[PDB]
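Structure showing GDC-0994 engaged by Cyclin-dependent kinase 2.
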Amino acid sequence: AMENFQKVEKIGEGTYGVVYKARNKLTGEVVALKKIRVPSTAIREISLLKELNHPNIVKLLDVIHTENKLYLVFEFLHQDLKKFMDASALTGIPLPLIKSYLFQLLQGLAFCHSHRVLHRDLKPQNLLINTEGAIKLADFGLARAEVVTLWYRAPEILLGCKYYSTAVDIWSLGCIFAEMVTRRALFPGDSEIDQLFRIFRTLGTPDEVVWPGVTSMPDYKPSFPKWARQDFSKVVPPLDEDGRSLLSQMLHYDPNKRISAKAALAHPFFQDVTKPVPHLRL
Ligand SMILES: Cn1nccc1Nc1nccc(-c2ccn([C@H](CO)c3ccc(Cl)c(F)c3)c(=O)c2)n1
């Protein structure tokens, strides 16, 4: 099984696996090999993911289930968005590239969501880029299948909703959009309550007016402090009014009011979208 792969170097770790750059000794392919750690339900879900192919989803090439361990073989990309943001931080990512990346990831999400597949853990480290200007979603579907970052968590998850929706991915992508534009994380919480209260300090403590049902959510407390909302003009300067209007719709508290990926693709912010090429030093 694995004897067919030659490890080159380590490129990631999760709470349950390690990812190596590796070479397929068979095909000559260079790949990302994720070594996990097997429940049959996980096998069938992962198998369904192999069919979920889109230009903005990192391709799952092979699933090897062997010596009762699990290897996932992915398309290799040379950089993630976290590294590209850090590399770009003196100057910032140019707006047309931010806009191209947001549009592409919304295409990725629209495709996944149309097949009822949620990502659930979008973050810059899971967004992979190449020299041609493409950006792709990684780790897609693997959640339903080493401190965990909370920064991009939708508030319905933080408030204990078990049966949340595709809207959680739009919230995460909105947080990443804001971070591209300002070169700072939007809500960098370091615990669940710190995350929730950073959201409330910026967008206002949610109530029944803006989010019907919120006061009955599992981890909602009447004792939450009540902060007023701030203007987006203060939150993501100097993003223009189209970009701010789109971000506001992606960060609506009520997941049912939050914009869908498909609707976001029609937003006027993308009327002049283009596909620039990044400066990548590899
Ligand atoms: C060279 N380089 N630098 C950064 C990324 C890459 N290239 C690359 N190419 C294809 C896939 C991946 C890739 C990376 C990280 N992860 C996550 C990061 O959150 C990850 C989740 C779960 C566990 Cl268990 C893990 F170890 C790593 C991927 O899923 C998949 N990376």
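Counting from 1, the numbers follow the sequence of the chain as shown. Heavy-atom basis, side chains included; hydrogens, waters and symmetry copies ignored. Atoms within a ligand are numbered from 1 in the order they appear, just like the ligands themselves.
- Heavy atoms under 4.0 Å from GDC-0994 belong to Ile11, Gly12, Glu13, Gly14, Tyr16, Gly17, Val18, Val19, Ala32, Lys34, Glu75, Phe76, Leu77, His78, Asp80, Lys83, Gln125, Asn126, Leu128, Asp139.
- For atom 27 (C) of GDC-0994, the nearest protein heavy atom (residue, atom name, distance) is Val19 CG2, 3.4 Å.
- The region of chain A touching GDC-0994 is mostly the UniProt domain Protein kinase.
- Scanning the protein for heavy atoms near atom 29 (O) of GDC-0994, the closest one is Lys34 NZ, 3.4 Å.
- Filtering the residues that UniProt lists as binding ATP in chain A by heavy-atom distance under 4.0 Å from GDC-0994 yields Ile11, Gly12, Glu13, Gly14, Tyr16, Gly17, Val18, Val19, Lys34, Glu75, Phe76, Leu77, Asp80, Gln125, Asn126, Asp139.
- The shortest contact between atom 2 (N) of GDC-0994 and any protein heavy atom is with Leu77 O, 3.7 Å.
- Measured by heavy atoms, GDC-0994 lies under 4.0 Å from these UniProt Mg(2+)-binding residues of chain A: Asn126, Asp139.
- Looking only at protein heavy atoms, the nearest one to atom 11 (C) of GDC-0994 is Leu128 CD1, 3.4 Å.
- Nearest protein heavy-atom contact of atom 17 (C) of GDC-0994 is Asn126 OD1, 3.6 Å.
- Using UniProt's active-site annotation for chain A, the residue nearest to GDC-0994 and its heavy-atom distance to 1 Å are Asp121, 6 Å.
- The protein non-hydrogen atom at the shortest distance from atom 10 (C) of GDC-0994 is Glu75 O, 3.1 Å.
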Once you restrict both partners to nitrogen or oxygen, which atoms of GDC-0994 have a protein partner under 3.5 Å, and how far apart are they?
residue: GDC-0994; atom: 7 (N); partner: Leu77; partner atom: O; Å: 2.8
residue: GDC-0994; atom: 9 (N); partner: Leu77; partner atom: N; Å: 3.2
residue: GDC-0994; atom: 19 (O); partner: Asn126; partner atom: OD1; Å: 2.7
residue: GDC-0994; atom: 29 (O); partner: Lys34; partner atom: NZ; Å: 3.4

